[PDB]
Each structure stands twice: as structure tokens, then as C-alpha cells.
Amino acid sequence: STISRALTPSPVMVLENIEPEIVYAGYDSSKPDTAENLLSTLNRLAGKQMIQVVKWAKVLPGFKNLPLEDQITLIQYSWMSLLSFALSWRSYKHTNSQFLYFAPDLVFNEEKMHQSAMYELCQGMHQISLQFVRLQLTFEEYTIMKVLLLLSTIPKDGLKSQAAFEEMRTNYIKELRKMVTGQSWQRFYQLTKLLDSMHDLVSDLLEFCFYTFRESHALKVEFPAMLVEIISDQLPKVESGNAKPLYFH
Ligand SMILES: CC(=O)S[C@@H]1CC2=CC(=O)CC[C@]2(C)[C@H]2CC[C@@]3(C)[C@@H](CC[C@@]34CCC(=O)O4)[C@H]12
């Protein structure tokens, strides 16, 4: 047992091992970069990324101590935070925050950001990547923060297993605290601040997403079944005031 306990990978080590492989957009560079084409491509990429999110959630420590309804809830609430945060990370790691690195076959410069018709939302996410450069964010801090985003929104009256969620959330907050190890406190607070700031960015991304979804026929913006499922459930929940964002500050 002493050997067993000592060799057991730390939660952070597991997070590295389970991090999904970077996914391809299947961006069709032969179609013109109209807003309609780009947004439909982003939605298709979102579908493929959500496949990976679910797989990663299956094997996420603490996350299976949670009832199936709570797991589904948290993913539906936070999928946008997870995917936009991962975007900021890939942009930071693969292009030194020069570009928005959606996929290896789909990298946005300024021109694409304008063409997508969500220029300001792209800017918001790029700004997060530029903060990654200011902070020199580490993969370790990144993976923990991403789990904290998964646990950043709950039903206004709580989850089916509120105590286990609370326990799991505190453990990852602890993991973050241990990982940032005067200078220690300041980094931790800068990271908690960045996480908080994701709620406002994500509310704006969701607002655009929900709008585009409800008008997808007029807009000619396609959504894959994966996204149709998530948004169809999430939209009326979020709009009935059933979502509660958790803030550090
Ligand atoms: C600048 C951003 O943060 S894009 C945002 C995050 C993201 C990162 C990826 O890597 C994969 C692609 C996603 C998940 C986008 C998919 C498309 C989303 C949902 C967009 C916000 C608004 C939009 C555009 C069309 C629509 O109907 O809603 C998502």
C-alpha cells in the first residue's frame, strides 16, 4: 500500500495523461470565407471537440464520484468555457498568441476574425491568449484551470450531489494553489481573476451561439447533432435563470 500510494499519479499527472489530442476542423479551404461558411465550420469543429470533452470527462478524477445527471449538467453548462479556454491555450502554445489556433487546419488571423462576423468575440479570446503570455501560463496551471471551468457553473438550487461537487471543486482549487508554489499568492489570485473573467466572455459567446442557433435557418449556419443536443437542452435552462456562475471574487 505504501508503494501503491507513492506511485499513484498526482491529479495533475492524470490531467496531463487524459488531455485530448488536438482535433482537426476539416476546414474546406476551397469554399470562400463567408461568415456562414466559417461559423458552420466552427460549429462542426465544436462537435468534434465535444466528442473529446466527453471522453476526457469519463476519466477525469473526482468527476465520476458525481451522479450522471450532475456530470451531464456541468458539461452542458461549461462546454463553451472549456472549448474557448482550450482555444486560448492552443493559440498561446502553438502561435505564441499571434493567432487564434482553432485547429491545425484552421488558424485565424485578423482577416478571418472579421470574416467570421464575431470579430469582438474573437478579440476577447485572443486577449485571454495574450494574458497567457503575460503570465507565462504553464500546462499544469492550464489543465487545472480547465477543470475549474468545468466546475464553474451549477443549477441555481444546486447539484444532485452538492457535497461531492464541493469536495471535488475544493480539491482542484487546492491543486491550483499547490501548483503556483509573496509571489505565490499574487499568481494564484491572477489565475482566479482570469477564471472569473471567463464568465463574462462566455456569456457573450453563448449569447451569440444561442442567437445563431435559434436563427440558424435564416442565417444558414449549420450545427452538427452534437451541438443541437447540447444547445437544445442548455438554451432553455440558461434562459429560465437555472444557471448559477461560481466566482472566486
Ligand atoms: C472566439 C471563440 O471563443 S469561438 C467559440 C469557442 C470555440 C473554440 C473552438 O476551438 C471550437 C469552436 C468553438 C466552440 C466556437 C464554435 C462556434 C461558436 C459556438 C463559438 C462562439 C459562437 C459560435 C460561432 C457560431 C455559433 O453558432 O456560435 C465558439
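We're numbering straight along the sequence, starting at 1. Indexing begins at 1, ligand by ligand and atom by atom, following the structure's order.
Given droperidol, spironolactone, anagliptin, the drug or candidate at ligand 1 is spironolactone. Lab note: main contact partner of spironolactone (ligand 1) (name per the PDB entry) = Mineralocorticoid receptor. In this structure, residues within 4.0 Å of spironolactone (ligand 1) (heavy atoms) are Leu39, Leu42, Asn43, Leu45, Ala46, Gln49, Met80, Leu83, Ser84, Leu87, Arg90, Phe102, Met118, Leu121, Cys122, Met125, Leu205, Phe208, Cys209, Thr212, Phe223. Of the protein's heavy atoms, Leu42 CB, 4.4 Å lies nearest to atom 15 (C) of spironolactone (ligand 1). Counting per UniProt domain, chain A has the most residues touching spironolactone (ligand 1) in NR LBD. In this structure, atom 18 (C) of spironolactone (ligand 1) lies nearest to the protein heavy atom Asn43 OD1, 3.9 Å.
Ranking protein heavy atoms by distance to atom 29 (C) of spironolactone (ligand 1), first place goes to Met80 SD, 3.8 Å.
Counting only non-hydrogen atoms, the residues of chain A annotated by UniProt as 21-hydroxyprogesterone-binding that lie closer than 4.0 Å to spironolactone (ligand 1) amount to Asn43, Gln49, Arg90, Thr212.
Looking at atom 20 (C) of spironolactone (ligand 1), its nearest protein heavy atom turns out to be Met118 CE, 4.3 Å.
Of the residues that UniProt lists as binding progesterone in chain A, those with a heavy atom under 4.0 Å from spironolactone (ligand 1) are the following: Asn43, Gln49, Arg90, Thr212.
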